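Pictured: Ryanodine receptor 2, co-complexed with ARM210.
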Amino acid sequence: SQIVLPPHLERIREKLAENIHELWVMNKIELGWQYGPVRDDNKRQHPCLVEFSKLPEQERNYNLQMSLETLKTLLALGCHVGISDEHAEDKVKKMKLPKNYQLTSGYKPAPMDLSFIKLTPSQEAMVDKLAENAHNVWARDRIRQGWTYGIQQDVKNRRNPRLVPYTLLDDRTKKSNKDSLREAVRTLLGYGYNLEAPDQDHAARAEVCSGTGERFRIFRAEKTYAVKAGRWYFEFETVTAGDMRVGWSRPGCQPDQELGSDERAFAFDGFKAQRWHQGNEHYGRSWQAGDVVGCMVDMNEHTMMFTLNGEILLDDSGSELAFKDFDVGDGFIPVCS
Ligand SMILES: Nc1ncnc2c1ncn2[C@@H]1O[C@H](COP(=O)(O)OP(=O)(O)OP(=O)(O)O)[C@@H](O)[C@H]1O
Ligand SMILES: COc1ccc2c(c1)CN(Cc1ccc(C(=O)O)cc1)CCS2
């Protein structure tokens, strides 16, 4: 609402509103909609097919407001607009149209066909965002009405399966709104009022949202199974490919601290290809979904090694040892974050 409309948009939006009005009535007659005295969509009768003057002024004004919200929404998207020229707006060609596609009046509303104009990926993205905003303004109205979501539409209980996020919306209506949006944006472009998209903003949430406030969960064997000597091996399977750590931990490990940040644990972060013990150093490569990581420790020469799907993971050098030397201490147990 805080947005103020430029005069060139003001002298463009009345012509926009009319043009899309006839766009709407041509879409209606192409799909096979007929004129009728009564307000019955199932019986295929509606006085809406006549010109906007004979059309109910409520709908005609609603169309103008509908377009006004659309203009204010292009402006609020951060999509700045430029004026290409004036003569292409003064002179707009008209396709020849078939009689069956024509209504009772001989006037052909379909203006210079938008097929010449091509939709860039950014122009499609803003079409998606306009569709999202229209759906959201559609649902704010329904919620104000008190209509709530329901798996099956209820006329009396005011339940519409339609009140869902646009991503979850049914493909039929989503496409129908999308087409009118797409044709609306193309009509805006064909008015010579070329729109330049805001720069692509990259936003990564890094999965801050989590159960309560826990960032990670640590799974380990019981402290009584600590190994002090010998050769030991266990395997860790990665169903997903995200922030994981696997390795050997001392019985003094804190469940709230990250693996390898302190001296109590030795871990391998394949997500960043990092080996973790009081710091991170580059080691090995990254895993994908389904990769199996093997962990081997030999407390005789105090070495630690790792395998990704069988092959030995190396550090920056040619050495196969993730942690060359450590102390036996109290022992080690398998651990995973
Ligand atoms: N001239 C017009 N300008 C703008 N929008 C219009 C116009 N005529 C009809 N509409 C649209 O028609 C729709 C009316 O049906 P709607 O999709 O809201 O059904 P609904 O969700 O079942 O509604 P309700 O919950 O009120 O029963 C609205 O989204 C409204 O924006
Ligand atoms: C979405 O902005 C507009 C702007 C202009 C016009 C329409 C829609 C189309 N309408 C017909 C209509 C009425 C109700 C429904 C419905 O029940 O959803 C669907 C179509 C009015 C004539 S021009």
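Residue numbering for chain A follows the PDB entry, covering 870-1206 in order. Technique stated in the header: electron microscopy, 3.1 Å. Only a slice of the deposited entry appears, and the contacts counted are all within that slice. Atoms within each ligand, like the ligands themselves, are counted from 1 in listed order. We use all heavy atoms of the structure for the numbers below, so side chains are in, but hydrogens, waters and symmetry mates are not.
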Enumerate the ligands or chains that make up ARM210. ligand 2
Which residues form the binding site of ARM210 when counting heavy atoms under 4.0 Å? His890, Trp893, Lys897, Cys917, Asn932, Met935
